[PDB]
Amino acid sequence: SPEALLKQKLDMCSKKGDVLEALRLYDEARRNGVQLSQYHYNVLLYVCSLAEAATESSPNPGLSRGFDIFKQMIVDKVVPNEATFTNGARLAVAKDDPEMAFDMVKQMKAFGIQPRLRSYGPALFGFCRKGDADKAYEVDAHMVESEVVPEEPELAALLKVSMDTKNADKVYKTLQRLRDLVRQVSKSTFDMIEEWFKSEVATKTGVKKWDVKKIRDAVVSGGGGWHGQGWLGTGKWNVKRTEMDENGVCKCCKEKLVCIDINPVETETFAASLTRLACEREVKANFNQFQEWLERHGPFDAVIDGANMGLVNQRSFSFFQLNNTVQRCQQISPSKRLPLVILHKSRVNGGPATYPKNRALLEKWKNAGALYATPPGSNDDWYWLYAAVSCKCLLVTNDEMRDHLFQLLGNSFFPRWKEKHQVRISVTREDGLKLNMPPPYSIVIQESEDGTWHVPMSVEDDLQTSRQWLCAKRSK
Ligand SMILES: NCCCCCC(=O)O
Ligand SMILES: [Mn+2]
Ligand SMILES: [Mn+2]
Ligand SMILES: [Zn+2]
C-alpha cells in the first residue's frame, strides 16, 4: 500500500533524525499523488520541529517548510489531533518568529479549528520578549475570543510587558486576572508584583477620591475580596513582605482578609462533573453502587481518605494512624459522628486487619454506617472526593491532589472548594497527631475597598513552609 509505505518510511526518518529525507518523501508523495493523512502530517511536523534556527544565515528549510506543511494540512481539511498542536507549537517555538506563530493560530480560526493554549504560547511569549505590547495584547484578545483560558505563565508575560511599557491599566487588569484564575502566585510572579507596586508608574497612578458607594456595590457584585474599579488612593506604596496570622490578619497592616463565599450552584455543577468523570473511568456499576449506598447513609461531618491516612509518612500502612485520625475527627464533630472511612477492599482484608481487634473495629465502623470498602481495580480517589462534595463536609486527606485525575477537575472551582473542605494531618514527636483545619479566610489575591492589596505566594505545602504575602498599602 502506498500510504502504508509512506507511514513506514516516515516512521524511519525520523526516528533517525532525518529531516531532509522526510521533506524529500513529502514532495515525492505529492508527485505520486499519495494524499498525506493525519498520521503522515503529524510525523512530518514533528520531524521538521527537530530543525534549528540559523544563528548565522537564512532560515533552514526544515523550519521554513515546516510551517508550509502545517498550512497545507489545514488546507487539505485533515483534522488536527493533540499531537498536531504539540508539534505545530514546537515548530513555532524552534523558529521563534512570533508573527509566524500568530499566523498559524489565525489560520486555525479561519478553518473552524479550535486553537489550544500551547498554540498561543510561542506567539504571546515571542512578542513579550521583544517588548511588543500591542502585538502581545492582540494575541491575548484573540485567545480570549477563542475562549482559551490563560495560565500563570501567559499572565505573568502580559504583566511584565505591561510594566515595561508603563501601562497601569493593563497592570490592573492582569492582576485581576491573576486573582480570578491563579489565586496564589509563583515566586517569580510575586517578585514582579512587588516591583510593580514599588515602581514610579504605580506611585503616580490612582485617584485622591472616588464614589465610595460604587466601590461598595462592586464588592457585592464580584462575590467578595475585590472590587475591580481601578487603582485607588495616591502617592507612593508601602510594599512589605509579610504573613497572615491564623485568623487572616495581615501582620504588617492589620487588615483582616475576607473569607470568600462559594456559590452552592457552582458546587452542584461540580458534583455532576465529578460523577460524569468518575463514570468515564470507573466501572459504571461500581461507582453507581457507591452513589446508592451513600444516599442511604450519613449524615457525615467528615470523609477520610483511608489509604492516605494509613500511609502518609509511614513505611507501611499504619492502622494506628488511621484509627487515631478517625477518633480525632469524631471528637471534633459537634454531635460525635464517626467520619466516613473510604478504604480499598484490599485494605480491609489481610493487614492492617492482620490483628483481630483491628479487623473487628473496621467491621464495627462498617456496621455503624461509616466505612465503605472500594472494589478491587477501582481508583478510590473518585469515591472520597465524591463523598465529601456530595455530603458537603470536611475531606481528610494529605493527598496533594494535583496528579492526573485531579488535573481533570480544573483550576477554577476545585482549588477554592479544596481550601474550604480539606483537612490535613501533621504529626510531631512531642504532641502526636494534629488536624489542620481549613483557614477562616481565603488564600487569594485580595483588593480592599480602600484599594489596599494582599498577594499570596504559592507554596508546596503551607504546613511545611510559612506562606509569604505581599502587603501593598498607600503611604498617605
Ligand atoms: N504519602 C502517601 C504515600 C502513599 C499514599 C497513598 C494515597 O495517598 O492514596
Ligand atoms: Mn488515593
Ligand atoms: Mn492519589
Ligand atoms: Zn497588609
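Sequence positions, counted from 1, serve as the residue numbers for this chain. The figures here come from the full heavy-atom set of this structure, side chains too, leaving out hydrogens, waters and symmetry mates. First listed ligand is number 1; within each ligand, the first listed atom is number 1.
- PDB records name the drug found at ligand 1 as aminocaproic acid.
- The main binding partner of aminocaproic acid here is, in the terms of UniProt, Proteinaceous RNase P 1, chloroplastic/mitochondrial.
- Ligand-side atoms of aminocaproic acid in range of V312: 1 (N), range being under 4.0 angstrom from any heavy atom.
- Note: an N/O pair closer than 3.5 Å links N308 and aminocaproic acid by distance alone.
- The UniProt domain of chain A that supplies most contacts to aminocaproic acid is prorp.
- Looking only at heavy atoms of the protein, atom 6 (C) of aminocaproic acid is closest to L311 CD1, 3.8 Å.
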